[PDB]
Asker: 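Below: experimental structure, zopolrestat bound to Aldo-keto reductase family 1 member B1.
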Amino acid sequence: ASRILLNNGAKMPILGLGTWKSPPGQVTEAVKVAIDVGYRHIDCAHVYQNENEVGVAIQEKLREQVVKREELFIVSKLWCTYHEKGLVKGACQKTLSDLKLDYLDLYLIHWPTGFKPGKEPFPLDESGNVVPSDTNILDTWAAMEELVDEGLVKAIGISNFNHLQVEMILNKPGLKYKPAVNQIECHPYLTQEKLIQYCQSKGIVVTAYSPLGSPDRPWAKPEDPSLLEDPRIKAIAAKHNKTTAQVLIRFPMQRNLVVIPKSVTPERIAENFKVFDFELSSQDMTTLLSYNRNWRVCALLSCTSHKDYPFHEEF
Ligand SMILES: NC(=O)c1ccc[n+]([C@@H]2O[C@H](COP(=O)([O-])OP(=O)(O)OC[C@H]3O[C@@H](n4cnc5c(N)ncnc54)[C@H](OP(=O)(O)O)[C@@H]3O)[C@@H](O)[C@H]2O)c1
Ligand SMILES: O=C(O)Cc1nn(Cc2nc3cc(C(F)(F)F)ccc3s2)c(=O)c2ccccc12
């Protein structure tokens with residue numbers, strides 16, 4: 001099926017469009033093309049500095065009568081510098097304003113780490129370290145809950161949380177809403193078997209980000225592994241007369257994950273959606289899981305001393 005049931009009763013499309021590193025000069029057209037070829041889920045964030053332009057595209061296609069708001073599933077995330085209770089509603093309302101929406105379908109705590117409040121999204125000290133804020137995960141969760149109760153968002157969730165951090169929330173006395181989603185990096189080099197098992201056993205939906213290995217990530221090194229260029233995956237793709245990207249997108253769908261590949265190239269936006277017409281075999285799946293190397297695209301070294309850094313724990 002094309003959508004997965006969340007803990008709030010709403011249905012979430014399992015295939016969505018990613019928007020990190022989509023420039024404002026091209027993301028409006030990306031989203032318009034996306035909606036035209038069938039995407040209904042768009043993954044956004046204030047830190048991506050392009051929510052206005054995403055909002056332009058959504059607004060235009062509503063006006064064109066291509067889709068209705070109820071048909072769309074729009075996600076954004078609360079950035080690290082806004083974890084203070086008194087800053088959360090404002091941050092959410094900035095996102096809604098920019099996206100020209102009156103609600104979000106899902107709002108995530110982007111990272112478990114709070115950063116020093118201010119205009120700078122990555123506040124560093126003079127020696128390179130991120131400057132933390134004195135906020136904690138549960139106070140931030142409480143403030144996210146408030147957004148549901150005010151109707152600004154229909155569901156809340158988390159992202160880049162390890163299983164101990166998820167459990168902190170689950171075990172919160174007087175919890176109001178359980179997280180609906182944990183969005184994490186996931187691809188054949190970082191297969192996340194244990195955290196996926198944990199989350200699914202708790203009734204939390206997992207979204208896989210960077211499913212193509214984020215080749216456009218700004219800190220890529222020539223020597224890094226390259227998923228789209230892996231000859232082993234290319235051979236699985238050839239067998240199915242599909243591209244490597246289609247295989248990489250289909251792989252998490254068959255693990256009962258949501259997946260959010262990013263592109264601003266119209267041909268690829270279309271190509272990437274054409275993944276509901278074939279199945280990977282049991283052997284394909286096994287083979288792709290075997291490529292795990294615990295290799296993360298997303299893990300800023302300047303944050304490794306933060307008290308809440310998520311990736312010291314095994315999972
Ligand atoms: N929660 C978080 O912390 C977090 C972190 C990272 C990412 N995410 C979300 O997940 C999304 C996906 O991750 P990502 O942007 O890191 O990377 P990704 O989706 O793994 O890879 C995107 C890269 O692949 C290229 N690409 C797309 N389709 C292709 C195809 N069919 N053939 C060849 N190349 C193709 C894109 O190029 P073009 O765009 O130039 O076509 C871009 O360079 C993000 O955009 C964001 O929405 C969330
Ligand atoms: O955020 C995205 O969606 C993409 C993303 N990822 N990263 C790598 C990061 N690694 C982190 C690690 C922590 C940590 F929790 F681990 F401390 C906290 C925050 C971050 S940002 C970035 O540096 C970044 C910069 C601008 C826009 C998007 C991103």
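For reference, positions follow the sequence shown, starting with 1. Per deposition record, X-ray crystallography, 1.6 Å. Quick note: numbers below take in every heavy atom, side chains included, and nothing from hydrogens, waters or symmetry partners. Order of appearance sets the numbers: ligands from 1, and atoms from 1 within every ligand.
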Asker: What ligand numbers or chain letters correspond to zopolrestat?
Answerer: ligand 2
Asker: Working on a figure here: which residues of other chains come under 4.0 Å of zopolrestat (ligand 2) (heavy-atom distance)?
Answerer: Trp20, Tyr48, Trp79, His110, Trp111, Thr113, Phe115, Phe122, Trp219, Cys298, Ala299, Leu300, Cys303, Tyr309, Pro310
Asker: Are any other ligands or ions in the structure closer to zopolrestat (ligand 2) than 4.0 Å?
Answerer: ligand 1 (NADP nicotinamide-adenine-dinucleotide phosphate)
Asker: Is there a polar contact, in the sense of an N or O pair closer than 3.5 Å, between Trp20 and zopolrestat (ligand 2)?
Answerer: no
Asker: Which NADP(+) binders in chain A, per UniProt, sit with a heavy atom less than 4.0 Å away from zopolrestat (ligand 2)?
Answerer: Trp219
Asker: Can you check whether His110 has an N/O within less than 3.5 Å of an N/O in zopolrestat (ligand 2)?
Answerer: yes
Asker: Please identify the active-site residue of chain A, as annotated by UniProt, closest to zopolrestat (ligand 2), and give its minimum heavy-atom distance rounded to 1 Å.
Answerer: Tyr48, 3 Å
Asker: Hey, which atoms in zopolrestat (ligand 2) end up nearer than 4.0 Å to a heavy atom of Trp219?
Answerer: 6 (N), 7 (N), 8 (C), 22 (C), 23 (O)
Asker: Using a heavy-atom cut-off of 4.0 Å, which residues UniProt lists as binding substrate in chain A are that close to zopolrestat (ligand 2)?
Answerer: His110
Asker: Between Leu300 and zopolrestat (ligand 2), is there a nitrogen or oxygen pair with a distance under 3.5 Å?
Answerer: yes
